[PDB]
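Caption: zoledronic acid together with Farnesyl pyrophosphate synthase, bound form.
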There are 2 protein chains.
Amino acid sequence: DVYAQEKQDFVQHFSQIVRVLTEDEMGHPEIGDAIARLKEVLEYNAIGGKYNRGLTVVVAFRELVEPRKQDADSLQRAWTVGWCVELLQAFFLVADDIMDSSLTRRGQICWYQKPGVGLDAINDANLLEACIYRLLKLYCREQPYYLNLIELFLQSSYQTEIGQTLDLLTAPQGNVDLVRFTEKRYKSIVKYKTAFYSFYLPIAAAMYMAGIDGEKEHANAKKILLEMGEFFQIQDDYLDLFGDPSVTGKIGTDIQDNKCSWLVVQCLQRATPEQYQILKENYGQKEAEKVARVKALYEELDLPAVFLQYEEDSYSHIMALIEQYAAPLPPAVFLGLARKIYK
Amino acid sequence: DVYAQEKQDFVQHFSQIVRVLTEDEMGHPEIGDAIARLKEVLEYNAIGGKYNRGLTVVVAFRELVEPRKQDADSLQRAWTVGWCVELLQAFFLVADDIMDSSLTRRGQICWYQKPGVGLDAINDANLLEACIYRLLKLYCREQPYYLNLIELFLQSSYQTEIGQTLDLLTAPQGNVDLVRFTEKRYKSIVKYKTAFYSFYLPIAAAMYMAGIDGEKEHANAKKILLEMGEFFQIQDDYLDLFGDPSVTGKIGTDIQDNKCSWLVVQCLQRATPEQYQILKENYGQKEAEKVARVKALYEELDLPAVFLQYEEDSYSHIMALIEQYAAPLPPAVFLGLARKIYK
Ligand SMILES: O=C(O)[C@H]1Cc2ccccc2N1C(=O)OCc1ccccc1
Ligand SMILES: O=C(O)[C@H]1Cc2ccccc2N1C(=O)OCc1ccccc1
Ligand SMILES: O=P(O)(O)C(O)(Cn1ccnc1)P(=O)(O)O
Ligand SMILES: O=P(O)(O)C(O)(Cn1ccnc1)P(=O)(O)O
Ligand SMILES: [Mg+2]
Ligand SMILES: [Mg+2]
Ligand SMILES: [Mg+2]
Ligand SMILES: [Mg+2]
Ligand SMILES: [Mg+2]
Ligand SMILES: [Mg+2]
């Protein structure tokens, strides 16, 4: 719950972020209209979520850095790096919503779907990315971990991008072929498209800021964090169809997009030649009726129950991993995360 | 002509680049399909142009760094940084072709227009960007200019992105309003969307590699380079409509896209209330007839001649700038560039 005691201070620092970024037109009036657009873009896409990823940088920071070294300037940099993680995600989600033909996100209409935005949202996403490195310099240029954060963020983007590539290759539009929906392919996708930036990135950022840059340390943290991410994308896939729309804040499109979802991979393993054929003739299509068909098949195979059983086993497994790789880091760093993503 | 004597060695180094980048799946077989896609993406979008921007990094490198310090490893890094500039452009052009609804580029069909690619090209562009920093590390991580190159490339992207924002704001789809097509707005757009990455970036990269990191030096080089860029985007705008399609390698879309072109800004200044009205009812529309109308108006105002007159004045002006700000750098560095973009 260390998050709630940090959330308010985090969400308020955003004003300073938007203020420091727009402080560019202060010397270049000519790009005023562009800066105004960036602000609109920041306020629409960076605001509105739970901010857990960015908060994880703050929280972990106060648990890693010794209290004496937590001055006002350190907490200032920590909030910024946390907003960088949020910007990195805004960058990916804006573009992801376009490539997934999504309709909503965080209860509102997807940025690109907004009248007047359209494909211009592609450049809007590029600017959100650029802002990550602009902030990293304005606030951490003099820090000893500067370069480390830059490489970590670029690394995390490359990995995510590699992961989005698998996501899109395995889900060719209007090209249904359940054969490629294997468990191995699935784990690879989620590992790269979600696990790295959603769990490793935040913790690793805090680690580097705390001077902890040991390869073995990061690899151990990564061992726990990537496994958490795997579970998270599984849940995201599950909620995509069985989630409460008034809670998820976004309409599902996995079945229509012909995505290699956890639900489809699970369905295939537990399906009779008859069912398999039913899934094949209704998957990856926009027809509401067909999508309702696939769902009925999922509920018939008790997937919603299979998911609840995995969440538990996953939880136990992740905890077992913490007991083995947490040290020398405070177990709470990982325990705080597990508490938030599990029930 | 120092370019021609370097071109072949440059275009051949690409194989090593594609080889070093794909050398990632060597330890991560799971992302094999993604690496294959990246290769396809690199080969389709990074190959096919004149490579002047990247060549400029090589050329300038051999003119800045003392012969004794031009070992095999230095020329290796120089070719890489040059390919990074080409990748940065591939990144922007892929996305630019989508946002401009372009049809061709370099004589071939635009990447996103290719069957099976579509909006997935958005992530393909993101990967091209990621590759810039992957190469910079694999080849220059130990160099003293490493961080400088990283910041220069990110800076150049941010500026370009700021510039693409002005380009898109000033050209709202289906929203014709010639009032915003002013000369000042125009200079701002071209300055950010083209001048920085097409002329400053290449020379600056070579400078940093040559140890020349003085602020005053860069600012002086920038004085010359940005002015060259301004001229170049003007020519690009001119060729967009009056260029030889079998030479430009791309179909024009400025008028249809309602772009704040140099030609439209020039037309507005030299137009009677009658003409102004004609331009207003035919600009920013897909109808071939209407676009043919605007063109006829342009030829009526002798714009193709006005352009030829500006190219000359621009040339003299740029040369005057070299006589003033070239030093301490070898004038040839800038003279080589001027020779290539002027007639
Ligand atoms: O916020 C998120 O999306 C995920 C990602 C994340 C990273 C670090 C710490 C917590 C969390 N999350 C989390 O706690 O999610 C909980 C959740 C998941 C789905 C619906 C509602 C809440
Ligand atoms: O290659 C380019 O597009 C431009 C950009 C550039 C940067 C550095 C040095 C030369 C050049 N160019 C150049 O020489 O262009 C010449 C040109 C322009 C238009 C059509 C054909 C050749
Ligand atoms: O299911 P996706 O992977 O597309 C998603 O989780 C976003 N995303 C993108 C990369 N990783 C995750 P979302 O359901 O939020 O649209
Ligand atoms: O005219 P644009 O600025 O769109 C262009 O020059 C590309 N570009 C993009 C940024 N700067 C230049 P192209 O005519 O090559 O499509
Ligand atoms: Mg999505
Ligand atoms: Mg997606
Ligand atoms: Mg999902
Ligand atoms: Mg264009
Ligand atoms: Mg453009
Ligand atoms: Mg053009």
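To find a chain's letter, count down the sequence lines: the first is A, the second B. We number chain A the way the PDB entry does; in order, the residues shown are 8-350. Numbering, chain B: per the PDB entry, residues 8-350 in sequence. Looking at the header, which is where the method is noted, we find X-ray crystallography, 2.3 Å. Heavy-atom basis, side chains included; hydrogens, waters and symmetry copies ignored. Indexing begins at 1, ligand by ligand and atom by atom, following the structure's order.
The ligands or chains attributed to zoledronic acid are ligands 3 and 4.
Other chains having non-hydrogen atoms less than 4.0 Å from zoledronic acid (ligand 3): A. In this structure, atom 2 (P) of zoledronic acid (ligand 3) lies nearest to the protein heavy atom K200(A) NZ, 3.8 Å.
With a heavy-atom cut-off of 4.0 Å, zoledronic acid (ligand 3) reaches these UniProt Mg(2+)-binding residues of chain A: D103(A), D107(A). For zoledronic acid (ligand 3), one of its N or O atoms has an N or O atom of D243(A) under 3.5 Å away. Residue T201(A) has at least one heavy-atom neighbour below 4.0 Å for each of these atoms of zoledronic acid (ligand 3): 11 (N), 12 (C).
Checked by distance only, zoledronic acid (ligand 3) and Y204(A) stay at 3.5 Å or farther apart across all their nitrogen or oxygen atoms.
By the criterion of a heavy-atom distance under 4.0 Å, the side chain of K257(A), and not its backbone, is placed next to zoledronic acid (ligand 3). The atoms of zoledronic acid (ligand 3) that sit less than 4.0 Å from any heavy atom of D103(A) are 4 (O), 7 (C), 9 (C), 16 (O). Contact annotation: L100(A) has at least one heavy atom less than 4.0 Å from an atom of zoledronic acid (ligand 3).
Of the residues that UniProt lists as binding dimethylallyl diphosphate in chain A, those with a heavy atom under 4.0 Å from zoledronic acid (ligand 3) are: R112(A), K200(A), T201(A), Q240(A), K257(A).
Only the side chain of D107(A) comes within 4.0 Å of zoledronic acid (ligand 3), counting heavy atoms alone; its backbone N, CA, C and O stay farther away. Distances between N or O atoms of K266(A) and those of zoledronic acid (ligand 3) include no value under 3.5 Å.
The source organism field of the entry for chain A says Homo sapiens.
The binding site of zoledronic acid (ligand 3), defined by non-hydrogen atoms within 4.0 Å, is formed by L100(A), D103(A), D107(A), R112(A), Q171(A), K200(A), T201(A), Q240(A), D243(A), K257(A).
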